[PDB]
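Since the structure comes first, as structure tokens, the remarks are kept for the end.
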Amino acid sequence: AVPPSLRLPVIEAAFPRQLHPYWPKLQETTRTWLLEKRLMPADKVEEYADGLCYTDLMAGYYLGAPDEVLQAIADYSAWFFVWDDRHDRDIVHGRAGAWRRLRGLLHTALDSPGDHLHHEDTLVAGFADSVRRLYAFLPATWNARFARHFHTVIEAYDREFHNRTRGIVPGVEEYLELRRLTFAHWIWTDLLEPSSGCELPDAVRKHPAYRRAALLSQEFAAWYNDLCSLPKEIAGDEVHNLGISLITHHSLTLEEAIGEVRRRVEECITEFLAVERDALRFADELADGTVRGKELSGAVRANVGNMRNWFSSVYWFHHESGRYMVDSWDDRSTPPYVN
Ligand SMILES: O=P(O)(O)C(O)(Cc1cccnc1)P(=O)(O)O
Ligand SMILES: [Mg+2]
Ligand SMILES: [Mg+2]
Ligand SMILES: [Mg+2]
């Protein structure tokens, strides 16, 4: 039972969940990875890790991925989450020096992950080992594009640190541009390609049907999270949320922004359904008769399928994960799973 303020019938009706066959071992390896990289303490991994559903989220998205591709994707996704918790914990304690060093370590490790596998900062070491495994699957042009995209993601996070510190809530349009980057839309879009085993040429992945579907996929995920994390994020003094920009810059009620947020999420789905047909026609055009044509068609059709998979994974993730159950915490401002 999804609460009705969050219930999306088109999702439940026409985007049935899928699950990767590797998920059971995926869940365990990542929990152990979290334990051995010391990205969380012992008792909170044992208590909270499984119930945070970070492996479920990715096992429901990257269908068809090689087990070791999925495993690296899921460690980095579990890493992405704790980096968000460390980023929010630096803000809450004005650790602007620590954030800045880490932010420069992260910028550096992203280009030379091997050189950081054993860095003193555990969070930098974990990231270096997931990114290093991420870099082994495809040519260094993919690896470079991944770095270019993550370099901008870090910078977006630095813009957030200075937004929450100086009290600035972004404007709605400033937020929609920033939210593509803090959510890391293009990271997740990049990782569609090791999951289907193929770097796409610029001409394929930048076709307007591919690009618009890839975009609407992430806009839904980012904006459904805003709808669903809004209570947690208000209680944690967070200001980066479409709901929050609409309240402070368009003088909307709490209940009015939530409907405008819900309404914008809903149109993401119906717009995706349209361009999905364009993107799938494009996949079939790519099968011109040649070998590389057949492969490029299959890779586009798998990635587009996983663009569709993202909706249901994200949707059910936000009702199953303990990360958003602010109502079950003794302290509504400090999630019990962060340090
Ligand atoms: O779980 P959260 O904190 O609501 C979030 O989605 C965490 C997150 C960060 C980056 C990518 N995906 C999720 P955020 O971006 O802070 O809104
Ligand atoms: Mg967050
Ligand atoms: Mg965040
Ligand atoms: Mg959020």
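Sequential numbering from 1 along the given sequence is applied to the chain's residues. Computed from heavy atoms alone, side chains included, the values below leave out hydrogens, waters and symmetry copies. Order of appearance sets the numbers: ligands from 1, and atoms from 1 within every ligand.
In the deposited model, most contacts to ligand 1 involve the chain that the PDB entry calls epi-isozizaene synthase.
Among mizoribine, oxitriptan, risedronate, the molecule seen at ligand 1 is risedronate. The distance criterion of under 3.5 Å between nitrogen or oxygen atoms is not met by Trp188 with respect to risedronate. According to the deposit, the organism of chain A is Streptomyces coelicolor. In the structure, no covalent bond to risedronate is made by any chain. Less than 4.0 angstrom separates some heavy atom of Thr182 from each of these atoms of risedronate: 10 (C).
For atom 14 (P) of risedronate, the closest non-hydrogen atom of the protein is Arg179 NH1, 3.5 Å. Nearest non-hydrogen protein atom to atom 9 (C) of risedronate is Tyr157 OH, 3.5 Å. The shortest N or O to N or O distance between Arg323 and risedronate is below 3.5 Å.
At distances under 4.0 Å from risedronate, the other ligands and ions found are ligand 2 (magnesium ion), ligand 3 (magnesium ion), ligand 4 (magnesium ion). Around risedronate, within 4.0 Å by heavy-atom distance, are found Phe80, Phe81, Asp84, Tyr157, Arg179, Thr182, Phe183, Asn225, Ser229, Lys232, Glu233, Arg323, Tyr324.
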